[PDB]
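Figure: structure with 4-phenylbutyrate.
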Amino acid sequence: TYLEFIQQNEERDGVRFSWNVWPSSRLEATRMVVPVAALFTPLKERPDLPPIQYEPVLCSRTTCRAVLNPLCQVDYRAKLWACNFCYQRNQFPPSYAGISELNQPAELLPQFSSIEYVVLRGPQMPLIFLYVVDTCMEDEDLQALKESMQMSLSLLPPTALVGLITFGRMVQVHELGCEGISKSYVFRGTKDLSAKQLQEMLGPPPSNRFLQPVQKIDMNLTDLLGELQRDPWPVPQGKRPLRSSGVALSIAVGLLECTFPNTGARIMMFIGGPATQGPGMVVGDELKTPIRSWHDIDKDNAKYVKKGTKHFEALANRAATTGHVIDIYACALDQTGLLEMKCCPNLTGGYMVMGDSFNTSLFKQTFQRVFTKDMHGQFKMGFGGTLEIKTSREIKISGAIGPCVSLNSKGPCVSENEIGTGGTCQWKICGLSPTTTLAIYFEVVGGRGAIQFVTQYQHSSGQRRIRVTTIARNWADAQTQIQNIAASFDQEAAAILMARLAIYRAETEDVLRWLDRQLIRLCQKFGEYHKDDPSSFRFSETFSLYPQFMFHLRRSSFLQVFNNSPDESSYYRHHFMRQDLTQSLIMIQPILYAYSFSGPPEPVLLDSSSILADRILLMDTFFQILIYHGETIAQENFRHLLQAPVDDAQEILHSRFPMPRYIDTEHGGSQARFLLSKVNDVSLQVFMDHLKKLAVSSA
Amino acid sequence: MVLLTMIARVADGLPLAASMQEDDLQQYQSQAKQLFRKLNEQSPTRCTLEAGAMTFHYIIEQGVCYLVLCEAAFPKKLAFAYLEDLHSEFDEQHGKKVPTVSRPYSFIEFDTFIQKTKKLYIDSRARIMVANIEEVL
Amino acid sequence: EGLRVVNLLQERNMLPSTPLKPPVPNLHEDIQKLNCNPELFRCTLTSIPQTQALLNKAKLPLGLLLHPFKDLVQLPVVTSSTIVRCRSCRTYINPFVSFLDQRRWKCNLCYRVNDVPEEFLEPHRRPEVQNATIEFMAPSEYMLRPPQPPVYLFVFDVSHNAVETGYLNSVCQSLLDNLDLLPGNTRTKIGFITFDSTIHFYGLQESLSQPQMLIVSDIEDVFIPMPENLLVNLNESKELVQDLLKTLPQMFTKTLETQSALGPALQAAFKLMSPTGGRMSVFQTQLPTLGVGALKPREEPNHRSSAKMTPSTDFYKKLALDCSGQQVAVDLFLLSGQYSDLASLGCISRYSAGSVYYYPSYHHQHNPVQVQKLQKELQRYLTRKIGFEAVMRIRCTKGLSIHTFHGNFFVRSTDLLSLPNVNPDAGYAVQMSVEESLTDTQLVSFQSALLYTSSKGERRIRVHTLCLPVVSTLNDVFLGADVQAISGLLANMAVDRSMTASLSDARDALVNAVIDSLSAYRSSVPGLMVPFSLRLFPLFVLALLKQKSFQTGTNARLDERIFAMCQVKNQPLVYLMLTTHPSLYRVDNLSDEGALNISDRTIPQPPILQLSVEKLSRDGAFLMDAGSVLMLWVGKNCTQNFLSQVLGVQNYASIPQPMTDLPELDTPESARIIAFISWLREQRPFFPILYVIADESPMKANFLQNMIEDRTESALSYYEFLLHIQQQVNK
Ligand SMILES: O=C(O)CCCc1ccccc1
Ligand SMILES: [Zn+2]
Ligand SMILES: [Zn+2]
């Protein structure tokens, strides 16, 4: 079963391809409607694979140097193995001398196609956590933020180094634990500083005066964090506070850049409002002028966006080059400037959290899920990840879309046609989790084409680790080319991979026109129809859902940016460009369950026809969980029904990292608008009718 | 939305208490003293004066004038609430000694309450007559 | 008792045994009895020359020396609803006006007749006319702004060298001991800054567990890091500043900061105080080398180098002028062990009406003399009275014109003196000329008036008025000469000549002032003949030429000489004389000829000896009163009764090497010497430490450097000096 195949391979190898059978010719490679691409999750969790505490064996060919994998032809008699990528034959290392066909190494069993190695050589670096705290916010928000940071302090490893930077009009770099005095270095939030400048002005396991081990400093930091008060500078009437977000971040970047370059560090910036001063300014300090909107940016009435975006884009590249993660936790009633600051968490592996106030269950719970540990008491985060991809000589890499940065590494696996962050065989991901999902786009230039994913990263323990996933997919049979290709089509994966392309072009500018020309083309090549007969059009069970996924994608808030604020659009797209397949489908097409006396809970269509008066609905947008009560139900048996969705809500309202916003509404309620807009050119029926008219007519 | 505060005896314009911080003060301090000279027993007890980008606000209670200057954008609703807080405190603490002093600024130490009260109005966080001043002068 | 001529070569013992007293102007009995106190106001020539030609003939400088804010026993305070001032020259109604109609009074400085107001009523009995010294309550128009509060900002060097000196510990202890004694009312504010390579502010809030050290590292672009709690109310936040003064000495014990950015720190301290003004106390221990205002190192001279002074930059002068315009005075405490370019650093205090205090080679363990000296000077500095935001005008009768000002201030316009602070230990001097011949008048007057804000927030005017007669005879100009005041004015003139020209010229003009005046006297009368009033003129000028300000062949170092010139420009006349020509007494045989008047105390009054080793005696002990210190020199063959009953020792060899003070033993010899010493230090408000260390072997017995009559290897004796003058007088 091709579905069993797709399920098991994602469960084992954390990957999902648009096509699992690839064009064995040049005449079908160019004529691919949806590119050969893979939704790759480099750190996916699974049923307790054995960690391999020996160095991974590597092919002895300068260019190739692939890792020993189950596709490698071995000869237990001659103690030799032949690399499946370059056909080079290799001698076994001395520790493999006692090898035998009966008892053979893990990396050769097909079960360990995805395997993790541990390299123990160098002394492990401690983790680094740099808190960057806005002080321009109401007392109830600041007090709540203070408690959240004090809580996270109690979860960090005793080895980790911590630093604290607070800011408002000025920037304060706190020197922790200094006896009876408490000091900090104060800087103007008015001019930027470079790392070399910052180093001159400022100055067994390593640590600075500004970055100290948790175990020696936690007591002084929790007292400092407890005494943090709001920015002392008064806010005059009709003014916003002077908030130097852009310079505080460039001081946090520059601080780590000159103290611990090239090692896992987390710059966690907590924002209570927009940058109103200095490089990176988002809006002026006059309350009379509102923060920019999408309408303002289209009519060229946003004089800060481009200059402010450019400032944070250079900070993102500085931090991503140095190997450091930038988080942004933003909570305020107005906008914050996420549109200008998006590249910092986007280019690194940094989180982006968005709420109304730090004094909410939403933020407090979302913030502590950052520090969720696994079955060993270790954070589910990695640092300084390096992704390298070995392909068969027939495969070339166009590029990647997701949280990563190119290492600009040239090799025969690099394609001319680049996509997203392309032109490279290697990418750096400064922060990753078991969820981080990249999209790799490939190009074809017995059977089986092979690809190997090698991910070196720093574990939360400090151990250096190498994840190796080697996959194989059959080459098309020449006498059955498109028929095998059509059967190996993953409509969900290709929908998300095509959505990745559409959003990447939108966020870096029509895009709907490209999306339709590929839907129509896919209908003609793989659909069944008589020419000029729209009613004759059918789709295989392999393709039938693809048009509907395209209907919801082209109307989603990822491409219809208006009716949302720019910070919300950048937040939505931030999380879609990171999630696995299953969660991505939820974002584009929210799941809908119905609850009534007449039967247990059942999923229903995202159509106005599913909104009944005597039925309770549960809509799972990935970003919000909504419970709707029909006009009748709005008023022991009536209790089971009223709390059946609430019970199912709580379960998923905890696994999801960005805790979704919860909504209890009903017919006539104002908040019912969120259900009425995801539900229902115009409707899908009309959309389908217009699509069939063009599929059966000219190509 | 900034400040200059002066409390003076209406009869002779004798300064009683004031408070000023810069980091000009010279021109508007003169106008303030011009006004203290003109004010008498027929003057409006509550008034507001327009001086371009600046605006004077005062009240008069028990022969004592409470004057404040600020940028015209400062809420006139707030300027008078700040003068009432000063007056009730000043009249409670020094109201009975005012008609006997003869030294200028015989209540310099009222400086302290002025500024602690002043900060409770020049920070949105904490939260009659009109005539061009050039006329009265 | 002296209209006689004196042959300086035959006397050679002309210095009297009892203290010198200032001359009495040749004035009518009733006029002189109201004249100003000569301690507060005095003139080089008590008989003013009628013409500039007569003044030029005498070859003596005409000028005034004043100590206007001196602590007084009794001060009349007029609270007049109206200040009576002459309608023309704004002179305050003074005892030396001319009441005629009695409703009209003739101004003694510009001769205009003024109408006495129906507020001043017998108008001549009014206290404004019975007191040459008086304080007025300034009206509302004598102030540019509300009276400023007392603001004290202390700026400490905390570099590696500074921490090694250990000065911070005692300064913080003095502040803790004298916190309630700082002048001011409930409006008093106080702040603190430390600095090394960066500038350290200290916020103090009652809401926080401990003070907060805010460090601005942008040395080229200093700013204020916090708006409220850097300058704090001392009354409200007394507890918070006490914890800081106990914690401050402990914060920098292990410091490796070798450089000091004094310039930017002073710019930081200026910005902090600019809004209000006040007193900035700066404590610096080494050469500033980092940032703006840096000064280059210099190699100290030796006994061999000739007379080949001025600042090396104008940064500190410019910064002082900016402080002056904002009512900020800067007092510099230099406790340096090496050259620090005080000739440039001093500009911060000269042009801001501050005062520099120098403690050469201060060390908490190594230099106990400088430790106790700083403690006693800090006691006086922190508890003496103070006036803020002040100005002083010096008026004199028409025909006399002031052309040069001496002291720590900024001369604002024609004649106006800016005094960001005024302190009771400051002295000023002025030089004048006869711009218009005084044929009309027979008296001329001088009025100084000090407008200032008191520590309690009250504008006050202190006015002193001096009246002198006019003469037209050379001999009459000599009969009224004040030898000490002429010495004081010549010292200030010689300091200016050093900066302006060289030390050689300054030394020459000093010698020429004696030759030219006595040559003029001789040309209007064999030996060296001088009038009685000038019999100490060559003696005091020689003492000037051997003082550390102007000495040549000595091993003196640069900052020592500059600090000696700073004391010339800023000390009152009495302490300039006590420093230049210290009073020497023999104290091992005191007895009853004293002032035993004081109820239960008998104070011995030993005779003043002349400054020569020929007057010493190995058989006795000699105390030298140099004004700021009291060095007690003990002879080798000193008597045994003195050792055991006064020093508390059994022999000369067991007299402790540094002896910080005498014991108070139960002997009448000890009671006598403690009575004489305590009587000496009661004559001044600046407690002078007494170290008997001067001993034969102490090697700190510079005590001999003050024997200005003996010859040294690189200077003339007093008799050699008289011989050189006579050769020049009748050349
Ligand atoms: O211009 C003036 O002289 C009056 C202001 C300065 C001053 C005040 C008091 C005394 C002397 C001088
Ligand atoms: Zn190989
Ligand atoms: Zn006059």
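Order of sequence lines = order of chain letters (A, B, ...). By the numbers in the PDB entry, the shown part of chain A spans 3-205, 223-464, 474-537, 541-666, 679-723, 746-764. Heads up, chain B uses the PDB entry numbers, so what you see runs 1-23, 29-132, 148-157. By the PDB entry numbering, chain C shows 346-466, 476-662, 666-882, 888-1093, in order. Determination method: X-ray crystallography, 2.4 Å. Both ligands and their constituent atoms are indexed starting at 1 by order of listing.
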Point out every copy of 4-phenylbutyrate in the model. ligand 1
Which neighbouring chains have any non-hydrogen atom closer than 4.0 Å to 4-phenylbutyrate (ligand 1)? C
For atom 6 (C) of 4-phenylbutyrate (ligand 1), which protein heavy atom lies nearest, and how many Å away is it? C:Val748 CG2, 3.7 Å
Atom 11 (C) of 4-phenylbutyrate (ligand 1) - nearest protein heavy atom and its distance: C:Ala806 CB, 3.4 Å
Which atoms of 4-phenylbutyrate (ligand 1) are found less than 4.0 Å from any heavy atom of C:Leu808? 8 (C), 9 (C)
Identify the protein heavy atom lying closest to atom 4 (C) of 4-phenylbutyrate (ligand 1), giving its residue, its atom name and the separation to 0.1 Å. C:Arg430 NH1, 4.0 Å
I need the nearest protein heavy-atom contact for atom 10 (C) of 4-phenylbutyrate (ligand 1): residue, atom name and distance, please. C:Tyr437 OH, 3.0 Å
Per-atom contacts of 4-phenylbutyrate (ligand 1) with C:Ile818, taking only distances under 4.0 Å to non-hydrogen atoms: 9 (C), 10 (C)
Heavy-atom nearest option to atom 2 (C) of 4-phenylbutyrate (ligand 1), drawn from C:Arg750, C:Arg752, C:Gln804: C:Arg750
4-phenylbutyrate (ligand 1): binding-site residues, heavy-atom cut-off 4.0 Å: C:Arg430, C:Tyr437, C:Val748, C:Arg750, C:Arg752, C:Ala806, C:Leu808, C:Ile818
